[PDB]
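Caption: acarbose together with Glucoamylase P, bound form.
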Amino acid sequence: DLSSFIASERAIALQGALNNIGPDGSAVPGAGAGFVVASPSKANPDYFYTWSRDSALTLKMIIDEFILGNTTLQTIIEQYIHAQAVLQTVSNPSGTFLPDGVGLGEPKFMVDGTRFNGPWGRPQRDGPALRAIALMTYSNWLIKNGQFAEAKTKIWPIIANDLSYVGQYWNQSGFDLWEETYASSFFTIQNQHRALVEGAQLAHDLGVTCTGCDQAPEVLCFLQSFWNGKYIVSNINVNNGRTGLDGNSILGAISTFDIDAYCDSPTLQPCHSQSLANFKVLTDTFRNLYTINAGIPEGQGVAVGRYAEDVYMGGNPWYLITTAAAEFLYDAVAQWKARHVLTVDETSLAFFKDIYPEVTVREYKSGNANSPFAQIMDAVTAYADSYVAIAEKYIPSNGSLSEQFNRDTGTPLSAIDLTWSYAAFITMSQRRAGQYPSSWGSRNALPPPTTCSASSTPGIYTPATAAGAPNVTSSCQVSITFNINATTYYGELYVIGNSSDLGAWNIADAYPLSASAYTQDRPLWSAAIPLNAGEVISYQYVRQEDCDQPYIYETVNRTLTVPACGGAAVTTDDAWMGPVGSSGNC
Ligand SMILES: *[C@@H]1O[C@H](CO)[C@@H](O[C@@H]2O[C@H](CO)[C@@H](O[C@@H]3O[C@H](CO)[C@@H](O)[C@H](O[C@H]4O[C@H](CO[C@H]5O[C@H](CO)[C@@H](O)[C@H](O)[C@@H]5O)[C@@H](O)[C@H](O)[C@@H]4O)[C@@H]3O)[C@H](O)[C@H]2NC(C)=O)[C@H](O)[C@H]1NC(C)=O
Ligand SMILES: C[C@H]1O[C@H](O[C@H]2[C@H](O)[C@@H](O)[C@@H](O[C@H]3[C@H](O)[C@@H](O)[C@@H](O)O[C@@H]3CO)O[C@@H]2CO)[C@H](O)[C@@H](O)[C@@H]1N[C@H]1C=C(CO)[C@@H](O)[C@H](O)[C@H]1O
Ligand SMILES: *[C@@H]1O[C@H](CO)[C@@H](O[C@@H]2O[C@H](CO)[C@@H](O)[C@H](O)[C@H]2NC(C)=O)[C@H](O)[C@H]1NC(C)=O
Ligand SMILES: *[C@@H]1O[C@H](CO)[C@@H](O[C@@H]2O[C@H](CO)[C@@H](O)[C@H](O)[C@H]2NC(C)=O)[C@H](O)[C@H]1NC(C)=O
Ligand SMILES: *[C@@H]1O[C@H](CO)[C@@H](O[C@@H]2O[C@H](CO)[C@@H](O)[C@H](O)[C@H]2NC(C)=O)[C@H](O)[C@H]1NC(C)=O
Ligand SMILES: *[C@@H]1O[C@H](CO)[C@@H](O[C@@H]2O[C@H](CO)[C@@H](O)[C@H](O)[C@H]2NC(C)=O)[C@H](O)[C@H]1NC(C)=O
Ligand SMILES: *[C@@H]1O[C@H](CO)[C@@H](O)[C@H](O)[C@H]1NC(C)=O
Ligand SMILES: *[C@@H]1O[C@H](CO)[C@@H](O)[C@H](O)[C@H]1NC(C)=O
């Protein structure tokens with residue numbers, strides 16, 4: 001059946017994703033160490049960059065795939081732990097890492113892990129959640145499989161910063177997952193709820209204090225505001241002229257998936273009534289929008305895009321969203337079987353009447369095979385198959401999943417070999433089988449208070465250190481090269497200043513200059529010093545001497561201010577202003 005030709009595409013998708021990940025990635029030449037590229041397409045659209053969302057979302061698949069079957073994925077997982085451990089410290093246009101921990105929200109870096117200076121929709125506030133959720137789903141396996149040390153000592157201090165970010169900044173606005181609307185997004189809030197609830201449980205079992213986990217009830221309280229009568233508005237707290245119907249909604253449910261949960265829960269699961277009623281109106285608008293969905297019935301899946309007002313490269317359906325729309329049904333079908341009950345609410349009745357004509361407002365219970373409960377279950381999973389069916393049509397023969405496939409003609413376009421779309425296909429294919437990840441602890445989640453309160457506890461941000469080894473003394477240090485004309489020996493002189501990095505007026509901790517390009521023509525000593533930005537550093541060169549002779553300072557103290565964070569790599573040009581004393585002979 002179709003089961004064969006999606007099992008083959010899953011295997012292609014593994015390589016498609018893995019080839020985009022450095023260092024040993026076939027698709028990406030350049031830059032490695034555990035940084036996942038979204039797409040190798042350097043040609044427009046230029047997607048040759050690492051997105052902290054895409055990186056953390058595709059690696060969540062890799063970890064969950066690693067849990068069942070593949071063990072060679074451990075190599076790329078453990079480089080990612082090193083990668084993001086470093087990436088944390090990288091000062092970027094959103095902000096620096098230390099003082100308030102603002103730089104973690106920056107969505108996009110170079111395939112290196114150097115800053116992306118260009119203009120962008122920042123901050124995005126969801127990467128920290130997905131990166132926490134990724135590392136928490138790996139570290140909670142390590143504690144279960146007799147490697148507690150790694151989870152506690154090295155992986156945790158990465159997570160500690162990322163859910164400190166969520167604790168401190170959930171209630172301030174950001175950009176949505178589509179990098180467009182500067183507003184409180186549903187996908188961003190629902191995933192960063194999970195990062196506190198699941199993060200609190202791992203903090204408990206590791207035996208450490210999660211700063212930021214406090215806000216889990218208040219984040220869940222605010223998540224109730226997104227619902228809107230018939231459907232769920234994805235971006236709340238702005239007016240951008242959009243409906244609110246958005247793939248954002250589906251992608252939030254599938255990425256915050258739990259099997260032990262019931263549809264009663266206020267975390268808004270795939271099987272929850274309001275989420276089903278959204279899926280109806282959301283998929284029905286795309287059923288009517290695109291020419292591809294010309295007269296497809298109400299009981300059959302269709303090409304799903306991101307929103308009705310989408311204009312990005314035509315306003316098309318997306319591969320990752322159309323697969324996630326199937327996964328949404330495969331999540332819901334599993335949850336009803338898991339909890340053995342279907343309380344079909346009148347708010348969610350419009351969903352079921354398409355799939356099963358003779359539904360009511362009953363509590364359908366897990367009875368016989370061929371009973372009504374099983375018939376609804378077998379119809380919903382059949383409805384899920386039609387979403388992957390129409391996906392299989394517009395997926396090409398060689399299996400190259402792009403970002404989008406065209407609105408009208410259905411041929412592929414946009415970024416070629418998108419890592420998300422491969423991962424989203426794998427996440428879907430897992431859920432077709434019984435391969436569900438784990439209970440992140442939705443039942444143990446603290447329910448929302450009586451009234452919501454605007455709040456955010458200020459978390460603290462220590463470097464990962466054990467994972468990746470930056471260890472930052474202070475925020476955004478800029479490079480500055482001292483050069484000095486000093487006539488002396490052609491090889492084998494120091495520099496001190498009022499700053500701590502230089503010395504603070506002592507010659508034991510003074511920085512030694514190298515005589516690399518010293519010549520008769522140009523007697524240059526030099527030293528590239530990474531020291532703090534925005535400081536009027538008062539420096540002075542000094543000469544160390546042979547046969548235990550004392551040090552010889554220059555006659556005057558120089559001062560030149562090092563420029564502010566975010567570039568301007570200055571190089572000073574001084575000469576020796578004082579007497580070069582007596583040389584040695586001993
Ligand atoms: C930080 O957290 C705090 C809470 O901890 C957040 O504060 C809450 O923000 C909510 C969203 O702005 C707000 O909800 C609305 O409150 C007003 C009254 O102030 C209600 O009238 C609204 O209900 C009505 O509208 C909804 C949706 O219908 C449409 O209309 C609204 C605009 O009115 C649109 O936003 C929406 O897109 C829809 O098109 C209906 O479903 C209702 O039936 C009703 O008609 C909302 O509930 C909370 O009141 C507010 N709470 C407090 C205590 O301040 C804060 O926003 C958050 N900030 C960030 C950045 O995350
Ligand atoms: C890849 C991204 O492209 C689109 O958005 C970005 C634009 O391409 C850029 O031009 C830039 O826009 C800024 C203007 O240049 C600047 O003049 C100023 O007005 O600010 C603008 C931004 O506010 O940055 C845009 C992003 O903010 C497109 O709208 C967006 O959806 C695209 N993102 C997708 C790509 C990936 C790849 O990993 C996914 O992470 C996202 O979910 C996708 O939505
Ligand atoms: C487990 O992961 C490995 C990658 O580490 C997969 O290996 C690829 O398998 C395909 C099979 O068609 C080959 O064509 C590739 O050449 C393999 N690549 C490498 C680098 O080994 C493997 O298929 C995965 N297995 C399962 C069961 O998921
Ligand atoms: C696999 O199929 C994809 C379908 O996208 C091929 O990508 C196209 O490659 C050609 C090369 O000339 C480009 O002109 C097209 O623009 C690409 N497609 C898109 C959507 O941009 C890919 O080359 C194929 N790989 C093979 C046959 O090895
Ligand atoms: C990271 O660097 C700082 C200094 O920039 C180190 O801080 C010292 O920590 C030790 C205890 O481990 C204290 O006794 C010192 O007083 C601290 N300050 C200084 C200025 O030395 C810190 O230990 C480093 N961390 C790692 C893991 O190497
Ligand atoms: C340090 O020595 C270098 C020697 O090159 C000086 O740089 C030269 O300065 C002269 C000024 O007459 C220029 O004509 C040359 O083109 C410069 N050469 C280079 C390589 O820069 C420099 O000015 C000296 N600095 C101080 C502070 O005395
Ligand atoms: C270095 O000296 C300058 C003199 O203007 C001063 O402003 C600055 O604060 C000093 N920095 C120190 C002592 O770290
Ligand atoms: C200037 O340098 C001398 C070196 O001995 C030092 O003692 C003095 O404190 C410095 N003064 C300033 C203002 O930098």
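Position 1 is the first residue of the sequence, and the numbers go up from there. Note: hydrogens, waters and symmetry copies are ignored here, and every other heavy atom, side chains too, is used. Atoms within a ligand are numbered from 1 in the order they appear, just like the ligands themselves.
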I'm trying to find acarbose in this model - which ligands or chains should I look at?
ligand 2
Source organism for chain A according to the entry?
Amorphotheca resinae
